[PDB]
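Figure: structure with bumetanide.
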Amino acid sequence: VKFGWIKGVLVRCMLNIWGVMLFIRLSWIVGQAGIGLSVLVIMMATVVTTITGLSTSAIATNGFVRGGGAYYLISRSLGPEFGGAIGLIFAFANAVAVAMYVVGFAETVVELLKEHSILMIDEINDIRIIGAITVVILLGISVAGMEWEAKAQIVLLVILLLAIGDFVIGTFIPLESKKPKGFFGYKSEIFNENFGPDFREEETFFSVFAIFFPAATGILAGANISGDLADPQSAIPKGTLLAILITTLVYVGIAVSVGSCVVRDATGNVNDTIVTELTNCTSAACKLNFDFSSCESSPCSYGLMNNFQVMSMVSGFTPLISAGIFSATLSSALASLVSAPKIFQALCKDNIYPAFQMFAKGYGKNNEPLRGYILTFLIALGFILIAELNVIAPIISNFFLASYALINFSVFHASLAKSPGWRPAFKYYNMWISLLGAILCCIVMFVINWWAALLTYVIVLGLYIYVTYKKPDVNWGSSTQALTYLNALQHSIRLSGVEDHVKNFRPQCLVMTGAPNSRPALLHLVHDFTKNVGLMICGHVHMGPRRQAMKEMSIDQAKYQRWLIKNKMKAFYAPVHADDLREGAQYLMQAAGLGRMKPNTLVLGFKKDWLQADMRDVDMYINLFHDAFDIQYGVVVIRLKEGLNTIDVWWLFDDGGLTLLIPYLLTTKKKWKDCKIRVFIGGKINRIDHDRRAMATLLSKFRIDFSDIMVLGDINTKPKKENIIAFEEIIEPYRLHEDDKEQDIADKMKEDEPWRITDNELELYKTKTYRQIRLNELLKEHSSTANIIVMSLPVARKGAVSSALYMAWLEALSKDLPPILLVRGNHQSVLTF
Amino acid sequence: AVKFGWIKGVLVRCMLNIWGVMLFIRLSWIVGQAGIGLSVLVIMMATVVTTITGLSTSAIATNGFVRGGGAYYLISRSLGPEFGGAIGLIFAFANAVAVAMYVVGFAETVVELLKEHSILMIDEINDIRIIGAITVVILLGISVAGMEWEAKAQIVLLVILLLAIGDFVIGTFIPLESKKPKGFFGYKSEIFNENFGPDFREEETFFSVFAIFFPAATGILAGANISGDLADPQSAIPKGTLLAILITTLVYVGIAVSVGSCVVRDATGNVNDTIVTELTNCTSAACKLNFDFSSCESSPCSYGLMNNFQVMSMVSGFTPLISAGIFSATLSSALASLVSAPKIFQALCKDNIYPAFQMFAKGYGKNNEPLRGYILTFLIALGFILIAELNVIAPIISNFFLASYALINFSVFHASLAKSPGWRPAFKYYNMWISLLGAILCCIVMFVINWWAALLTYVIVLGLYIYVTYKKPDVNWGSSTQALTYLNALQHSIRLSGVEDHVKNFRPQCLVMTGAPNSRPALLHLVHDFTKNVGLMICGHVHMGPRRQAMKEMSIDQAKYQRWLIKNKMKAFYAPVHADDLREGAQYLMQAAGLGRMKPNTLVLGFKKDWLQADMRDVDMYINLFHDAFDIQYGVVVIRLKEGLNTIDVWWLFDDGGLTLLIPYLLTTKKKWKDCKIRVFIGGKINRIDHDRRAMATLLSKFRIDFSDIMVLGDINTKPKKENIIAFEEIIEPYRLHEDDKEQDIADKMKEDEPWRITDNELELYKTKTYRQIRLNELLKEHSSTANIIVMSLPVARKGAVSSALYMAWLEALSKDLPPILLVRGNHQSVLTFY
Ligand SMILES: CCCCNc1cc(C(=O)O)cc(S(N)(=O)=O)c1Oc1ccccc1
Ligand SMILES: CCCCNc1cc(C(=O)O)cc(S(N)(=O)=O)c1Oc1ccccc1
Ligand SMILES: CCCCNc1cc(C(=O)O)cc(S(N)(=O)=O)c1Oc1ccccc1
Ligand SMILES: [K+]
Ligand SMILES: [K+]
């Protein structure tokens, strides 16, 4: 195993390219299109094949390649879905190409048998029998061992080269008996008259090019043996390119030699010699002592345009050329039958399609895919028993063009996504040359057949879609991921370019939910806005040992982010390590995001069970509120029923407009099309008409489309004493009965626990406590039925009120209601203009 | 000052702009050339495209105050400033030349009317020119009087037009015994059947007749162009525009169907023709009742739908009324165009998109009337009338109008696509798909009219686009472009968060901890070389002021430094924070900066040149920052340059993840260092130097680094020169704590009160290390003096093991009087794929 670059790559691919076209139809295409146009066709195929060779060389030299060849190269340089689609397409294409080569062999054998006396059953049936027998022999030689395959390849290569040498030496020497058939030894007049094209039949330049192109195919057999190769980096590039050079030179030289020696038209009748009657005919045959005037209006069985096997006749010892044709065709068939199962093996090993897994088995020491050999045997056998392959030839040609085109596109994509890790170490390549190769392959496959190209395109698209939806886990970093990163970075830079405006103010939320999966209810509620309308950073502070915490954080970021992706959530999980909530919250609030994608609101889940929890946590909560207010953030406190007349807005306190913007953003969603926002405001009595008119005008200026505005004048009134005593007994644990108890002891138990609610605080904020209690009462009795409630949260200066008192206010305001969403903004958010 | 409202400002203006020359002249032509069915189909196509245009402009207008300026403002606040400027200029020109088109149509009608008379001033074309000149002069004169002055005129003109319609209708429902031979019958079903199908006798085809018909449709935006003087555009513009479109298309279809059953296609005005008996071969509807016409294609025929463009006027009783109606329609359309163009051009001039034009935004008068814009439109119209050949340029102006409509629809589609607050049109009856469809049909129709005109319009719009986007003006109004940029950034960041991170796709994402980037440009340039198009550079900066006032200073700093970075070619994000000291702000940034997978993974620090002069607390904080970065698995990169202003060399002394080689390679992938060849220096004992070289080559063969040559040094472990160690001792002497040569108590107290001092125990423990860096410095000086960039693995020491003063002394000694050395240290995670 581990073949060298001469044997593994150069011999294998050089043999694969040389096939049926070289010794049979090359002369025919030279006849159909003149020497110049035939060489132009050969050079078109050469440029497409050369760009493909350069691209596959660029991909192959970028690090080790495990195996599977073209599939591995493309699937690692490009995404796994393109890799899988191309792997399946190319595997099937090579499997069919095995049948195509074998049926070419079989029809050559049938022709050699027809010119002899014997014939077995019939041309087509004998083709079927010969093809079946030969595919069985090919399967046997392939499963006998890859070393035996290599020996067969090299012996067939020397046979083919001897055949070409026989042809050229025969071309040097003319023979008197070959004159009637059309052979003259390098006559300049023949070259002159054959330089022009003459397409007597329906064939056109595009038709001849499409017929010739299959000759150029098969260059990836060098790369398709990547698994069993000593050093693909140094083997694939030089071997492939030199093989392309050698085969194209041979093709052009042979075509020019045949076109310059054999006449376009001629009949085998020896009685056509023109002797001493030099007449007024300017045809290139007249001046060469043989007048083939009959072929103008009579069918002749010889000449370039009529005879396919003129290459055999022109060369001395024509049985040797027949053996050469057999060697070329069988070698190409064996190369295809070896290339297809290996690429299929790699494709199934990567398990892009879980349906196909049995064919990845590694029977033998070299991991030979014997089941792949059987599958390719069956495909080739079927396509041979069909026995009529010319109908599907454009299909396979378009499969090959698709594979080459996506190799070129993989090079262009990997080079476009400027990233470390794309270091091919093949200097001779370019982004634009590869892109040109890709577009050239697409136009060529369209030229060959306009509907086969569409069929191939739709098949590739279908496989792409199927793999995308059936996304498997893939470790190999493709150029798609690099391009995603580069696009994200470029778009972020461009966003940093544009200045901010109050019209396009996006709510950018920093949700302090610890474990996102813990409380998905308010997570979805915060997702109702900040979905295609703003970003959503689900922060999370980690506590514990410093150095080791990163490991935990890493796995956490791996888990929760995945969870966010698993649900239809558009949010980023941004973890930090901090000693306490305030430190990590400050980390995030200070340096979260980048560019202009910075959070501007701190969405906080309401701290349920604040009574049971340690009071240090509650004071931490209130200090977090204050920190958010100090850094110019908009706090949003959300209270839900986590275990499990539509939307109400309470524009009690004026701010930039966040308390009104959020309800509107909630309305424009599929869950709540029927929004029907009911707006409320605290207006003095005997002014409700004026306040309602003014608020309706303002809400028309900001197009929010309320349902009906209501004005309340009872918001600041003494509430029912039952609720007052409920609030008092709720606070009772956190009271500071300084007046009742002795001054010294009260000071002692106040300084050690500064969160205690001084009676002075209660006497100063009795009005505010009544306000919150009354707001809760009137809201509960009025809007008991509603799907969302929004209100402006109360705010007190840091240290002015105890954390216990502030949390008591928050809890009393939203004691037991439908989902409530208290809001507070900083700067202007909604603009009439 | 003046506020018309939808009753007069919008409805009347667009009503009278849609109606124009063709409403009576060429309508017979289209209904005859194309059957009633095909004529109504063409009317439906024009009506639907104009209807989506009206819906889209209504959606744009209803969104907030539209201020004043017309379609320019609507398309410039809903879309980028450059699209706005381009369409403003193009639509202003199109309306200005439409003034001339309507004036020359009026002149054509007048010259034909007086050619019916024997009077002729000079010549048909000369008389057309003179009539057009007089009409445009008086048109300007009436227009300059005031915006309210036409208010009466328009409406009275309107009733005249409407009364003319009535005249035609009452003419349709009464046949006259004397005028049967001159084309029409008394509303017979035979005429309806005969004229139902199409008959394109001349080269005119379906597309040709559609293009002939379309110019009538245009004119809806003239109501929106009065947005400057209009009470409440938000509510007014939708009602006026939609009702005007509905009523004008209804009247068009009504007149088309009425004419389609009244006048035969071909009719020779010969009274002598008349039949008396039934005959076989007269399938023509003419013979059906009284009068038979024949051979109007083989002889010069006189009347008929497809011959006489004024046949409708003959059908209409009391031809003077319908003639006055034609004059009223064309003049009213001219007024609408000449009032729409100056206002839109004034709005274009106000925003200073094109510095060349500035005088047209004067708006002299209390009504803010652009008199200079009026004069410009007058000059353009006078010239285009003097051309007197408007058929050649008609496709150009039609395509201008169609481009305006198309990009209005696309403005709606773009604003709706960029899901954003502030896009609350409140006009329910619209749809983003409908707007996109309208734009596509506008594009297809402008291509269908004439391909060459469409190409000219497209390239002109693209040229204006490029000019305005290159000459970016001082504009900020949160256009849909900015909203879509934000939405694209967010969506792409989410997608990136979707994908995993691979070694093969590793990137150097640098957090450059250097405040005030302009302070240290050169350093950033070197950081930019290996982070441009390969990673993200976050130019961090901590704010040291008091907390209360720190926010405004931070905002000013961020704005001005982002503007500075964008002014240069720099591709970096300025991320400032506030902290009690440099270390805490660095911790903030290293813990939170960047969202998703776009977060830093290396910390780039400039070398502390003034560590000798500066207070030792800052240097200790510098080293503490080094250690903190190492704690969070960051890779430190210390860069030292000469701030006042042959190949690259690498020193892979210590094996890290692989950054030490990745940075030089990325440097070589740039035009600045494209020619530089990565020489490599490593450490290896003498007896196995060659093997080491071989090994290194193989390593650099696996990672395709493409070096030049490898030099193995085995002397790095040897003692350095005595002079160099003497210099090192002199350097560190001020920070020395001579505990060996002083009493234990004084040395101890100097230690705790001054913890950063270098105790002689550290010196005796790390003599080997100190000699290592001194030797490395001297061999750097002798071996790689002439090198553009030097890369070295910086030393590391455990926290507390070595004094920060001594560590900074090592950093100082490792690089003295050297080219731009670049010390590196990876985070022990492999960054070179190997596969
Ligand atoms: C993707 C091409 C698959 C290989 N088959 C191909 C090979 C060559 C050649 O010389 O390599 C020439 C042709 S050819 N002269 O165009 O017909 C071939 O098409 C065939 C052959 C025989 C039957 C039907 C189709
Ligand atoms: C590691 C937790 C970091 C975020 N903390 C957060 C987590 C969660 C949750 O479960 O994800 C719920 C709340 S809360 N207000 O109860 O809904 C939390 O706010 C706290 C928690 C304790 C002290 C102070 C504030
Ligand atoms: C886009 C609008 C251009 C204005 N002129 C235009 C107006 C109307 C109409 O109905 O207001 C009809 C036509 S027309 N004969 O139907 O194609 C017009 O093209 C003319 C007319 C006469 C002179 C030159 C050009
Ligand atoms: K081939
Ligand atoms: K018009």
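Simply put, chain letters go A, B, ... down the sequence lines. Chain A uses the PDB entry numbers throughout; the residues present, in order, are 283-926, 1022-1210. Following the PDB entry, chain B residues are numbered 282-926, 1022-1211, in order. Values below: every heavy atom of this structure, side chains too, minus hydrogens, waters and symmetry copies. When the header is checked for method, it gives electron microscopy, 3.3 Å. We count ligands from 1, going down the list as the structure has it; atoms in each ligand are counted the same way.
All instances of bumetanide together account for ligands 1, 2 and 3.
Bound to bumetanide (ligand 1) with the most contacts here is the chain that the PDB entry lists as Solute carrier family 12 member 2.
Lab note - other chains with heavy atoms under 4.0 Å from bumetanide (ligand 1): A.
Measured by non-hydrogen atoms, the distance from bumetanide (ligand 1) falls under 4.0 Å for these UniProt K(+)-binding residues of chain A: A:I299, A:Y383, A:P496, A:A497, A:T499. Among UniProt's transmembrane segments of chain A, counted from the N terminus, heavy-atom distances below 4.0 Å from bumetanide (ligand 1) occur for 1, 3, 6, 9, 10.
According to the deposit, the organism of chain A is Homo sapiens.
Within less than 4.0 Å of bumetanide (ligand 1), the structure shows other ligands or ions, namely ligand 4 (potassium ion).
Taking UniProt's list of chloride-binding residues in chain A, a heavy atom lies under 4.0 Å from bumetanide (ligand 1) for A:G301, A:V302, A:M303, A:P496, A:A497, A:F682. With non-hydrogen distances under 4.0 Å, the site around bumetanide (ligand 1) consists of A:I299, A:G301, A:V302, A:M303, A:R307, A:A379, A:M382, A:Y383, A:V385, A:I493, A:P496, A:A497, A:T499, A:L671, A:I678, A:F682.
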